[PDB]
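Bound state: Beta-lactamase TEM + avibactam (bound form).
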Amino acid sequence: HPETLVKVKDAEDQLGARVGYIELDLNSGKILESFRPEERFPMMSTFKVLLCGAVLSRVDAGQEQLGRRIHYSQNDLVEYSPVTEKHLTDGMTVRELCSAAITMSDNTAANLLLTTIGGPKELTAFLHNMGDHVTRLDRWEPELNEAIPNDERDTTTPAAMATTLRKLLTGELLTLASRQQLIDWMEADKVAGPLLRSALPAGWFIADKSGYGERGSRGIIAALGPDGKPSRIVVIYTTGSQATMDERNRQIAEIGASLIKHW
Ligand SMILES: *C(=O)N1C[C@H](NOS(=O)(=O)O)CC[C@H]1C(N)=O
């Protein structure tokens, strides 16, 4: 709606920064509203959904098994590793690492999964081969969150990210079991409380992944809808603002409150 578009415009003004927005219909793929859809924004932690899609694609092919146990060390631990720091002795399974990367945004879990597929280049090659020639990953955690202005590394566009998520969640690429595992992890997100979830009415489904980085970077990707079933995809990114994290949270939640109210 124009009201949601106005709310996105307001956010840009109140944050003093670019906001990228896409609202996409899940069944048909039709864009319902957009804002700066072809502009690039840092993905930040939102890339972890695409990373575990690559992992699931390798699981489907038998190049990976979800039960496979990965043992790592203390020198592999990077900043923000709330789950992987607890499993240095027993290791973790690929399934557990994807749950940690998506549900808790564990950074070491993300790096360990990137190694299983061959690094940020193979993730980009995976995205390339599924029809996304726009989104690119180039660096590891935490360096991928630098959000240097006009740097194209580790970026997506609202339009590319929204269509790629759709394909991963509902497209022919992954097997039904893998599509279901990916949306399960996302539905179990526990670090996106103050964003779209804060605007969600009772009984609504949401499966999302948020992120933040340097230079005021903040974002979220989600599939959501009424009656306990997802029906649409929303992508919101921003970068450049000196605003506090709580401000950016509130601006994104008000965009969500807006699109929920004219659903
Ligand atoms: C993702 O952008 N990141 C991982 C972690 N959690 O933040 S999130 O919940 O918004 O994903 C810490 C911050 C950030 C990072 N610097 O990697």
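If you read the sequence from its start, that first residue is 1, and numbering goes on from there. Counting convention: from 1, in listed order, for ligands and their atoms alike. Reckoned from all heavy atoms, side chains included, excluding hydrogens, waters and symmetry mates.
- In this structure, the ligands or chains belonging to avibactam (bound form) are ligand 1.
- The N/O atoms of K48, backbone and side chain alike, include none that comes under 3.5 Å of an N/O atom in avibactam (bound form).
- In terms of protein heavy-atom proximity, atom 9 (O) of avibactam (bound form) is closest to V191 CG2, 3.1 Å.
- The nearest heavy-atom contact from the protein to atom 5 (C) of avibactam (bound form) is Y80 CD2, 3.5 Å.
- Of the residues that UniProt lists as binding substrate in chain A, those with a heavy atom under 4.0 Å from avibactam (bound form) are: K209, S210, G211.
- Protein heavy atom closest to atom 3 (N) of avibactam (bound form), with residue, atom name and distance, is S45 OG, 2.1 Å.
- By minimum heavy-atom distance to 1 Å, the UniProt active-site residue of chain A closest to avibactam (bound form) is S45, 1 Å.
- Of the protein's non-hydrogen atoms, the one nearest atom 15 (C) of avibactam (bound form) is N145 ND2, 3.5 Å.
- Residue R218 has at least one heavy-atom neighbour below 4.0 Å for each of these atoms of avibactam (bound form): 10 (O).
- Contacts between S210 and avibactam (bound form) below 4.0 angstrom, taking non-hydrogen atoms only, involve backbone and side chain alike.
- Atoms of avibactam (bound form) found under 4.0 Å from any heavy atom of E141 (numbered from 1 in listed order, with element): 17 (O).
- At a 4.0 Å heavy-atom cut-off, avibactam (bound form) does not touch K190 at all.
- Of the heavy atoms in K209, only side-chain atoms (C-beta onward) come closer than 4.0 Å to avibactam (bound form).
- The entry models a covalent bond from avibactam (bound form) to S45 OG.
- Not a single heavy atom of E214 lies less than 4.0 angstrom from avibactam (bound form).
- At least one N or O atom of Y212, backbone or side chain, sits closer than 3.5 Å to an N or O atom of avibactam (bound form).
- When heavy-atom distances to avibactam (bound form) are checked against a 4.0 Å cut-off, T46 has no atom that comes that close, whether in backbone or side chain.
- The 4.0 Å heavy-atom shell around avibactam (bound form) contains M44, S45, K48, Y80, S105, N107, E141, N145, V191, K209, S210, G211, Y212, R218.
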